[PDB]
Peer 1: 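Starting off with a structure, shown below.
We're numbering straight along the sequence, starting at 1. Only this structure's heavy atoms are used, side chains among them; waters, hydrogens and symmetry mates stay out. Ligands are counted one by one from 1 in listed order, and the atoms in each one are counted from 1 as well. According to its header, this structure was worked out by X-ray crystallography, 2.0 Å.
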Amino acid sequence: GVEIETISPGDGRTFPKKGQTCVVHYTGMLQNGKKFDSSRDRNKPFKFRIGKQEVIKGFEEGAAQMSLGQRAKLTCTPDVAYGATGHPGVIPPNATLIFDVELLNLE
Ligand SMILES: CO[C@H]1C[C@@H]2CC[C@@H](C)[C@@](O)(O2)C(=O)C(=O)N2CCCC[C@H]2C(=O)O[C@H]([C@H](C)C[C@@H]2CC[C@@H](O)[C@H](OC)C2)CC(=O)[C@H](C)/C=C(\C)[C@@H](O)[C@@H](OC)C(=O)[C@H](C)C[C@H](C)/C=C/C=C/C=C/1C
């Protein structure tokens with residue numbers, strides 16, 4: 001599943017609600033591998049709708065349990081990421097992914 005290790009605490013009370021749009025900054029990295037993406041490196045926050053299955057389960061489940069302003073390291077096992085299939089040319093099969101995520105705003 002997804003494990004959370006807080007980097008910076010949030011307000012501890014404002015969590016993503018159904019339908020809301022999460023505004024996040026993230027950096028993705030293969031466990032014991034290379035970084036493959038960074039919204040911070042291109043200075044451009046990433047947005048996605050909660051509960052609309054727009055992003056892998058682990059990323060959404062991680063964000064869903066974070067409060068406004070919180071930043072955390074998410075460790076996602078393959079079953080809540082890209083599984084046995086992986087992501088063509090970027091994420092190999094059975095890859096555990098590490099995501100440094102910061103919940104910047106809720107829209
Ligand atoms: C160049 O950058 C890519 C993102 C890259 C691709 C490669 C991966 C390593 C990665 O580097 O992101 C990455 O770090 C990553 O794994 N991410 C992105 C951050 C959130 C977590 C994860 C993810 O779920 O990606 C996503 C993963 C790859 C695919 C999804 C996984 C969950 C599953 O339920 C979905 O349906 C099967 C598909 C990519 C996204 O976050 C983008 C935003 C979303 C989608 C494509 C789908 O939700 C789609 O559904 C039709 C939509 O509703 C969108 C809005 C429609 C419009 C036209 C498409 C825009 C495409 C934008 C693509 C972007 C910015």
Peer 1: Can you identify the drug or drug candidate present at ligand 1?
Peer 2: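 It's listed as rapamycin.
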Peer 1: Out of curiosity, which chain makes more contacts with rapamycin than the others? Name from the PDB entry, please.
Peer 2: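 The main binding partner here is fkbp12.6.
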Peer 1: Any idea which of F36, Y82, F48, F59 brings a heavy atom closest to atom 23 (C) of rapamycin?
Peer 2: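 When every heavy atom of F36, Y82, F48, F59 is considered, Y82 comes closest to atom 23 (C) of rapamycin.
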Peer 1: How about atom 58 (C) of rapamycin: does it have a protein heavy atom within less than 4.0 Å?
Peer 2: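 Protein heavy atom within 4.0 Å of atom 58 (C) of rapamycin: absent.
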Peer 1: Is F99 in contact with rapamycin, taking contact as a heavy-atom separation below 4.0 Å?
Peer 2: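 True for this residue.
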Peer 1: What do you think, any protein heavy atom under 4.0 angstrom from atom 29 (C) of rapamycin?
Peer 2: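 So atom 29 (C) of rapamycin lacks protein heavy-atom neighbours under 4.0 Å.
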Peer 1: So, for atom 15 (C) of rapamycin, does the protein have a heavy atom nearer than 4.0 Å?
Peer 2: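 Looking at atom 15 (C) of rapamycin, one finds that a protein heavy atom does lie closer than 4.0 Å.
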Peer 1: Suppose we measure from atom 38 (C) of rapamycin to each protein heavy atom; which comes out shortest, and what is that distance?
Peer 2: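 Going atom by atom, the protein heavy atom closest to atom 38 (C) of rapamycin ends up being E54 O, 4.2 Å.
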Peer 1: From atom 62 (C) of rapamycin, is the closest protein heavy-atom distance below 4.0 Å?
Peer 2: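 Given the 4.0 Å limit, the answer for atom 62 (C) of rapamycin is no, no protein heavy atom qualifies.
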Peer 1: Would you verify that at least one protein heavy atom lies under 4.0 Å from atom 5 (C) of rapamycin, or report that none does?
Peer 2: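 There is a protein heavy atom less than 4.0 Å from atom 5 (C) of rapamycin.
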Peer 1: Which UniProt domain would you name for the part of chain A holding most residues in contact with rapamycin?
Peer 2: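 UniProt calls that domain PPIase FKBP-type.
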Peer 1: Could any protein non-hydrogen atom be found less than 4.0 Å from atom 21 (C) of rapamycin?
Peer 2: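 For atom 21 (C) of rapamycin the answer is yes, since some protein heavy atom falls inside 4.0 Å.
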Peer 1: Which organism is cited as the source of chain A in this PDB entry?
Peer 2: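 According to the deposit, it's Homo sapiens.
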Peer 1: Would you verify that at least one protein heavy atom lies under 4.0 Å from atom 2 (O) of rapamycin, or report that none does?
Peer 2: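 Protein heavy atom within 4.0 Å of atom 2 (O) of rapamycin: absent.
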Peer 1: Any chance you could list the binding-site residues for rapamycin? Cut-off is 4.0 Å, heavy atoms.
Peer 2: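 Sure - by heavy atoms, that gives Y26, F36, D37, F46, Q53, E54, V55, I56, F59, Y82, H87, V90, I91, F99.
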